[PDB]
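Depicted below, brexanolone in association with Gamma-aminobutyric acid receptor subunit alpha-1.
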Amino acid sequence: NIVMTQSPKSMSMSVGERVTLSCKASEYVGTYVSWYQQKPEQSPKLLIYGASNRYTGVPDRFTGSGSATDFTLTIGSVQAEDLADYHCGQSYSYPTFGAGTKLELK
Amino acid sequence: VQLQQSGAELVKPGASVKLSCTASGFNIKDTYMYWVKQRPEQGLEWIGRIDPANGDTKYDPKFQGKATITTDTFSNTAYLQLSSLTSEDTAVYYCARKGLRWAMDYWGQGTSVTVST
Amino acid sequence: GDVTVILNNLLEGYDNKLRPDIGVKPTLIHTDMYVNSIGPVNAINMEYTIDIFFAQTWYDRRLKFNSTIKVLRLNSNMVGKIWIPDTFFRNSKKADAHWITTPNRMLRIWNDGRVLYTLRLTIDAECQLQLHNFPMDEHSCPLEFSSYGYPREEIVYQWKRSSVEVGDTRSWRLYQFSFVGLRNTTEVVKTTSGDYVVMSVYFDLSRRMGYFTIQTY
Amino acid sequence: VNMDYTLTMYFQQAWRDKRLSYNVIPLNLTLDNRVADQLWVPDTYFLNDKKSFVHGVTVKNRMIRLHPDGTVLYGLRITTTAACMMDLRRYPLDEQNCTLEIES
Amino acid sequence: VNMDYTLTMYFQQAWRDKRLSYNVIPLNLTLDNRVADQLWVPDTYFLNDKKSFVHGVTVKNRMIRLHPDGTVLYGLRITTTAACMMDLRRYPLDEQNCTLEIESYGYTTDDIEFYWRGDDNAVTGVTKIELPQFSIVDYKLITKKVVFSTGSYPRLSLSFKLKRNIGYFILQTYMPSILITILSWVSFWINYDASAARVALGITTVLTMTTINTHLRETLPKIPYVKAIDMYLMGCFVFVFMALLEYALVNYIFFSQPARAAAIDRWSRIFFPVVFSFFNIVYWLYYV
Amino acid sequence: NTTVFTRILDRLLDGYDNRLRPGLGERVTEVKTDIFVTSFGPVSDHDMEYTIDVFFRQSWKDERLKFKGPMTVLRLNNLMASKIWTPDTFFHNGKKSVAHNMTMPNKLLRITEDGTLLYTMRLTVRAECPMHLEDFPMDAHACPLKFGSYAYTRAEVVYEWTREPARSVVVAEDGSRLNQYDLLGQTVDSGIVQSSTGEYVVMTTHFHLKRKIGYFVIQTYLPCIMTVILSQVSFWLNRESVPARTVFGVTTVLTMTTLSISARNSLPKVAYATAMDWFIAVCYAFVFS
Amino acid sequence: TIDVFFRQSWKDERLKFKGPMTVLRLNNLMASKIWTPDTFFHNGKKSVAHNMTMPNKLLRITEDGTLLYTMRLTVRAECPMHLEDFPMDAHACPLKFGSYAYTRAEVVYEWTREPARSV
Ligand SMILES: *[C@@H]1O[C@H](CO)[C@@H](O[C@@H]2O[C@H](CO)[C@@H](O[C@@H]3O[C@H](CO[C@H]4O[C@H](CO[C@H]5O[C@H](CO)[C@@H](O)[C@H](O)[C@@H]5O[C@H]5O[C@H](CO)[C@@H](O)[C@H](O)[C@@H]5O)[C@@H](O)[C@H](O[C@H]5O[C@H](CO)[C@@H](O)[C@H](O)[C@@H]5O)[C@@H]4O)[C@@H](O)[C@H](O[C@H]4O[C@H](CO)[C@@H](O)[C@H](O)[C@@H]4O[C@H]4O[C@H](CO)[C@@H](O)[C@H](O)[C@@H]4O[C@H]4O[C@H](CO)[C@@H](O)[C@H](O)[C@@H]4O)[C@@H]3O)[C@H](O)[C@H]2NC(C)=O)[C@H](O)[C@H]1NC(C)=O
Ligand SMILES: *[C@@H]1O[C@H](CO)[C@@H](O[C@@H]2O[C@H](CO)[C@@H](O[C@@H]3O[C@H](CO)[C@@H](O)[C@H](O)[C@@H]3O)[C@H](O)[C@H]2NC(C)=O)[C@H](O)[C@H]1NC(C)=O
Ligand SMILES: *[C@@H]1O[C@H](CO)[C@@H](O[C@@H]2O[C@H](CO)[C@@H](O[C@@H]3O[C@H](CO)[C@@H](O)[C@H](O)[C@@H]3O)[C@H](O)[C@H]2NC(C)=O)[C@H](O)[C@H]1NC(C)=O
Ligand SMILES: *[C@@H]1O[C@H](CO)[C@@H](O[C@@H]2O[C@H](CO)[C@@H](O)[C@H](O)[C@H]2NC(C)=O)[C@H](O)[C@H]1NC(C)=O
Ligand SMILES: CC(=O)[C@H]1CC[C@H]2[C@@H]3CC[C@H]4C[C@H](O)CC[C@]4(C)[C@H]3CC[C@]12C
Ligand SMILES: *[C@@H]1O[C@H](CO)[C@@H](O)[C@H](O)[C@H]1NC(C)=O
Ligand SMILES: *[C@@H]1O[C@H](CO)[C@@H](O)[C@H](O)[C@H]1NC(C)=O
């Protein structure tokens, strides 16, 4: 069982600034780390399938960065509708997700 | 393309609930079908997947025996049956299909089960 | 659908024994390469192995169609039905294409008749190394190719600006040598059959002093 | 040790086939090397070869060129390992004399 | 060195095709070997082969032979270089066992059934095989159904058991080392005052031993464990080294007390052959 | 009967163009590959190559090969695979791969009733494994095996593993022809390589190896050590015996020379110093001290 | 290794012809459209049938049906040796050849000249 330690636990950031999230895998996961954006009271929506591949219909301000274990999700000009949970999940083995990061505005 | 789950269930502790997930827009024989649970304000958790072309089902080690996943190719539906349930699995159950790079591109909507008396 | 109709109309009344413009003008062929790896340069046999992706593009006014699709992308199933230039490497002891799993070939026919034909080759080219100054010797030894049966009046080759592009140069099997550069050249040679346009690519190898420095000195 | 040598040659033959004669065009036709399977070519073989092969990259390395008077010109690129026994009774101050025999 | 073995066989298969059944002529038809390209023949392949071919001189060496009831016989003359993974921990006193797995590629076990014809006289010509080094001890025919991720396919196995002959090695690698040790023992009958002679002996012996060892180990592959012949050579090298260091011990305490030196020389003359014979006996009894 | 099945096959191939990939206009073909390593061949250290015998499985969806008959899956012969479209997967680093033809072409084709094809081959791939022999003979390697498509860019043919990527490349238990190395585990990955012609999908598989130090110990280090000891014995000899100590010194120095030469011949002609080279250099220095 | 001119000759009554010529010295590709015996060497290892430049073969159809079929081929045969008298030994290396798939009731071989003057 591969475990994904996602950081930070909960961050609060203002509009229009660059933000970054980290997802460190325990074992090796080549590029099979996906990033999902779950808004409250909705089903998760796939943002980044594989490392650094935006899904169809995702704005260009989301970018992935992949490695063997460490993965990064950078959002650029952050808008006001990007306030949601952001889960990272590997798929190299049976899928295991991270804990998620509650993004907040302040 | 469009996954329709069932409605909310209110089940007594110690019974079995069978949730359905009807896939419209594709054939389930082509992809896998993952079942995910999510307790309130917690991270996603994998239950198990099923290959509808054969019937090979894999489960999370902590969900083996408790849950079972079956299919129905005629109606393009995936069924998840919770054999014996306690008062702790009062979570939201999602149904998803595998995407391009083994991601889960299309998710369902969630059948929030509730265990109480 | 309709691509089958296009492919059937291109091969109706087509003779793959006659070069394009058989009695008008020579056929201009633009050649490009991609050196994957330059294999071991063994001095005993005066040879060296190289692995390339040879690409040839020419104009064929007979494979000219008019439809919404701009380019036809095909595998090696239609290479033996159109005209294909007979480029051979004049200094290759033994060379052969690749066939696993399917013949490594590519054919792309554009809208105006422009054809691109790409294949994968592993050539055991020959170069007589002047083994003086050994092991403090530097070589620059070529890979020459030209048409076989078509003289200068029928097939003319011509390098592109960015024709030859080496790979990473790190995972190559150049143990005792070291890649420092390359250069392309075009000339005309005389043979018992006629005058041929001979293209050449010179690879410059410089022998690093390490194995011999610790083995004999 | 193997008492043989290897040579690569551009073997070329020229005969006159009165059936492949034309007069409507003045140029010397150079057909694709796949037409050499439809014409008649002489059954020339080397008597003292051991392993031989026409090079086949990027195509079968052969030329078949017609002339307006019927003359056919058929060339190949062969690599023959001709076998020639040596007399080493004066090794290494010896002179070998060995050949390549071409027969129908 | 390649862990393989080449065998040439007359591989024959016999099935029953109802479509090739005729009741007009009463003779067993034998057709040209080129009609086999127009019938159906089972997709048999050897799983552990590396390089094989049907002999093609003067024609493709195959036989097709119908029968008036549909039975088809189909023979080839194959030369397979099968893979033979060997356990060389007893080399050259080892008995090898490597097989020839005959499996159908495309057809599962619910589409084809392999069985030896005769079940004991299926494989002939084994008792006439004369190998230059080994010697066939036993052969077995097995019938299994292996399971891959695409189904369950039938399989036949032909298994030999080759016992290596030890005459060549006793001739080539044991006797030279034994006699080199015997020569090394000569350094004890020379008087301990001779400093060049004895040194010559011990040093020539050491170098010879090490050379022999490396050469023999090269003739085999880079096997990471200690073979039996390697153990014998290491024992001989230990004996040689001990002889040299006993000459050195004698030369060290010679000037101080030559009586103890002569006593040590006698003790060596007596107890080097005894210990060597004891080691040799325990060796040839542990492996044989 | 067999005429119903002949009619089915002739209906399948009637009006089929094997020069067009399935779904040429409105779809990107999805080839679900898989590998079963029947035997990991011997890693040739001289050529920096390695041999591997595989059951290369592929499976795409062809909608032009749908039928409706008594059987569900048509387990056809390997000669039907030449009349339909099959992806031209080539190995990006394979040197001389052979496809076995004993006794018939080692191929397979199963056409499911809904068009889902399955096409396996039996290959013997001789791929390239670039090695950094800077810890020789205590080194560990990761020999790759990259395979992708030829003539089909990423917008046309995309490759994907058929099971969870961790369970796609399987190695048989008894399939280990490695006598010198030690196979640790596989590791798959999927990426995209740019080129002058287009963007191609490339599937990669590294087999991690780990050299066994037994043979090099026995044949280089022990002899080296024993030679150093044999050289060091020359001190306990008295100063009056000059002939002997001279023989000791010269013979040991030349035994170290020949050992260095014989130890360097096994490796490729590399232009840096390995660990064994340092050990032999230090023992050589000791005999010269 | 050995390098031979394997000549064979049988009589096919289906190839009778009357014309201006007596014998027809036909190409080597005509021999692939008629029946030709499938001779193989019982103790051959890897024999080649030279086809440089064109297949090295010869077919002559006499007017009465008699065929002559000649091949040029290198046979790498086996020769088990007993080396107890090495290097003062003498061997007898055999070259056995017969038919494949045709028993004695169907195809029988013979030497064309006296058996002493054949090889
Ligand atoms: C003296 O005797 C020698 C021994 O006989 C002789 O050598 C032989 O020469 C002939 C002719 O030169 C060779 O035959 C040709 O081989 C070409 C490629 O050769 C490479 O591959 C073979 C192995 O061939 C298998 O693999 C290829 C690639 O997959 C297949 O295409 C083959 O059919 C064959 O596949 C079968 O076997 C596989 C197992 O190997 C199975 O997996 C598979 O399922 C099949 O069952 C190698 O042996 C070759 O190595 C030798 O040659 C190289 C040359 O450099 C040497 O260096 C080396 O040392 C070896 O000696 C080599 O690697 C084939 O492409 C070719 O077939 C095409 O051409 C003919 C003639 O034009 C067509 O009729 C034929 O249809 C093929 O054209 C179709 O396919 C091409 C694909 O490129 C298309 O481009 C083309 O348009 C056409 O497509 C059309 O038709 C298709 C159906 O055919 C259809 O599907 C399409 O949709 C479209 O309509 C031909 O077979 C033979 O291999 C040599 N044998 C040996 C042992 O060397 C020598 O010449 C003689 N000398 C003289 C002077 O006479
Ligand atoms: C691999 O094995 C297969 C099957 O054993 C070989 O296929 C055979 O190939 C030969 C020549 O390539 C075919 O003969 C040809 O028949 C046509 C008539 O259709 C004729 O016009 C040609 O002149 C030639 O005689 C033969 O039919 C074919 N058999 C089958 C069952 O496919 C293949 O050649 C082998 N490949 C190698 C590299 O050994
Ligand atoms: C050489 O090595 C092979 C490989 O191990 C040996 O094959 C083994 O032979 C034994 C006895 O013939 C087989 O035992 C059988 O097991 C089956 C299991 O159901 C049982 O039904 C039989 O009654 C018998 O007990 C064993 O399965 C077989 N191993 C394999 C992998 O097939 C062989 O015996 C060795 N010796 C020789 C001379 O080849
Ligand atoms: C490869 O060949 C091309 C064309 O022959 C060379 O490009 C020429 O370079 C010279 C000098 O840089 C320019 O003056 C020409 O205008 C270029 N021609 C074209 C068509 O690009 C190129 O230099 C060669 N590569 C070498 C020598 O490394
Ligand atoms: C005094 C005497 O009898 C002599 C005869 C042979 C001598 C040994 C040779 C090998 C040496 C290797 C190293 O130099 C360590 C010392 C070492 C073990 C020596 C100790 C003294 C010995 C036993
Ligand atoms: C054809 O070849 C002959 C051979 O000498 C030559 O004289 C003639 O000029 C050639 N024809 C052309 C058009 O070049
Ligand atoms: C055909 O073969 C069978 C079995 O080998 C044999 O009994 C029978 O006599 C044969 N037929 C003829 C006509 O010889």
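Here is how names work: the chains are called A, B, and so on, in the same order as the sequence lines, proteins then strands, and each is numbered from 1. Heads up: this isn't the whole entry, just a piece of it, and contacts are only counted within that piece. Below, all heavy atoms of this structure are taken into account, side chains as well, without hydrogens, waters or symmetry copies. Start at 1 and go down the list; that is how both ligands and their atoms are numbered.
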- List all ligands or chains that belong to brexanolone. ligand 5
- Query: Which other chains does a heavy-atom search at under 4.0 Å around brexanolone (ligand 5) pick up?
  - Reply: E, F
- Task: Name chain E exactly as the entry does.
- Result: Gamma-aminobutyric acid receptor subunit beta-2
- With a non-hydrogen cut-off of 4.0 Å, what is the binding site of brexanolone (ligand 5)? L245(E), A248(E), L249(E), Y252(E), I229(F), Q232(F), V233(F), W236(F)
